[PDB]
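Quick look at a structure containing methazolamide.
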Amino acid sequence: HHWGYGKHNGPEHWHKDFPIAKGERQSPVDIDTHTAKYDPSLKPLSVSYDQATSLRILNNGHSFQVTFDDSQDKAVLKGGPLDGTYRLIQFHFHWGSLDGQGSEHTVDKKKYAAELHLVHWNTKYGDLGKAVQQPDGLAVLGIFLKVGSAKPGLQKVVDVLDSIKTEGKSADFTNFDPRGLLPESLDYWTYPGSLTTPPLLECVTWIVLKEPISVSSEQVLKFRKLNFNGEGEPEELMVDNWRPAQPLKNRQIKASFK
Ligand SMILES: CC(=O)/N=c1\sc(S(N)(=O)=O)nn1C
Ligand SMILES: [Zn+2]
Ligand SMILES: [Zn+2]
């Protein structure tokens with residue numbers, strides 16, 4: 001990709017090829033707890049990942065991503081702020097050059113060590129391609145990572161990262177259960193926003209979980225061994241692959257909990 005996260009191709013440059021970068025509904029945002037008010041009309045989130053079928057894990061040059069078979073309603077997200085049903089297509093992470101930063105969303109300006117994004121598309125639009133053209137096309141479930149005890153459900157992921165060090169490497173990754181990446185509580189904040197990488201389309205209902213998952217320092221250090229560059233190219237270490245908080249502008253963030 002021509003775009004990246006460095007001085008010369010990072011988030012400050014993106015608007016030149018993707019003008020919507022300066023749009024009215026851009027993500028991520030800061031979640032200000034004084035103003036993210038409880039809404040009693042919000043429903044409990046429904047996560048049904050039991051039949052999730054993972055396929056591949058890859059380094060795409062901006063993150064590492066695990067893909068899923070989205071051909072039927074195997075793993076779906078519904079309820080919450082969502083009308084209808086959204087199929088899981090992939091998850092990936094954003095992380096920092098140190099434990100003190102790396103998340104895209106912030107909470108009262110505080111940055112977590114990383115952020116997991118589980119990406120889902122609205123089945124009423126037929127496929128991902130048409131879905132991304134609709135303001136309610138995607139639902140992304142965002143989960144913060146803090147450094148603490150190890151997350152057993154992340155171990156299968158951490159264990160193959162050394163085999164996909166550079167951009168374009170990938171590996172077989174079947175039978176991975178994404179339920180193992182979820183915290184205890186499904187309490188959430190929600191707001192209308194965008195994809196946080198190009199093309200930055202404003203097609204996302206964001207659902208950000210209040211409770212972070214804990215991963216061990218040992219686990220998150222493996223994230224930081226990845227490279228933005230392809231094999232044979234000059235080394236550019238994949239850290240700080242997060243877009244900074246964008247202005248909330250005229251939007252409202254709602255909380256599912258008090
Ligand atoms: C196909 C697809 O899921 N693209 C995505 S997911 C995403 S993110 N970082 O979850 O908001 N950004 N983009 C461009
Ligand atoms: Zn890409
Ligand atoms: Zn993301």
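Count residues from 1 along the sequence. We count ligands from 1, going down the list as the structure has it; atoms in each ligand are counted the same way.
Methazolamide, all copies counted: located at ligand 1.
The chain with the most heavy-atom contacts to methazolamide (ligand 1) in this structure is named in the PDB entry as Carbonic anhydrase 2. The binding site of methazolamide (ligand 1) (heavy atoms under 4.0 Å) is made of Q90, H92, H94, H117, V119, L128, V140, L195, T196, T197, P198, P199, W206. For atom 9 (N) of methazolamide (ligand 1), the closest non-hydrogen atom on the protein side is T196 OG1, 2.7 Å.
Taking the UniProt Zn(2+)-binding residues of chain A and keeping those with a non-hydrogen atom under 4.0 Å from methazolamide (ligand 1) leaves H92, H94, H117. Result: the UniProt active-site residue of chain A nearest to methazolamide (ligand 1), with minimum heavy-atom distance to 1 Å, is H62, 7 Å.
Close approach of methazolamide (ligand 1) to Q90 is summarised as follows: ligand atoms under 4.0 Å from at least one heavy atom of the residue are 2 (C), 3 (O), 6 (S).
Taking the UniProt substrate-binding residues of chain A and keeping those with a non-hydrogen atom under 4.0 Å from methazolamide (ligand 1) leaves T196, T197. The contact set between methazolamide (ligand 1) and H94, taken as ligand atoms under 4.0 Å from a residue heavy atom, comprises 9 (N).
Of the residues of chain A in contact with methazolamide (ligand 1), the majority fall within UniProt domain Alpha-carbonic anhydrase. Taking a cut-off of under 4.0 Å to the non-hydrogen atoms of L128, the atoms of methazolamide (ligand 1) that pass are 1 (C). On a distance-only criterion, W206 and methazolamide (ligand 1) share no N/O pair closer than 3.5 Å. Atoms of methazolamide (ligand 1) found under 4.0 Å from any heavy atom of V119, numbered from 1 in the order shown, are 3 (O), 6 (S), 10 (O).
Heavy-atom contacts of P198 reach the following atoms of methazolamide (ligand 1): 14 (C) (cutoff under 4.0 Å). Ligand-side atoms of methazolamide (ligand 1) in range of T197: 12 (N), 13 (N), 14 (C), range being under 4.0 angstrom from any heavy atom. Ranking protein heavy atoms by distance to atom 5 (C) of methazolamide (ligand 1), first place goes to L195 CD2, 3.6 Å.
Distances below 4.0 Å separate heavy atoms of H117 from the following atoms of methazolamide (ligand 1): 8 (S), 9 (N), 10 (O). Measured against 4.0 Å, the other ligands and ions close to methazolamide (ligand 1) are ligand 3 (zinc ion).
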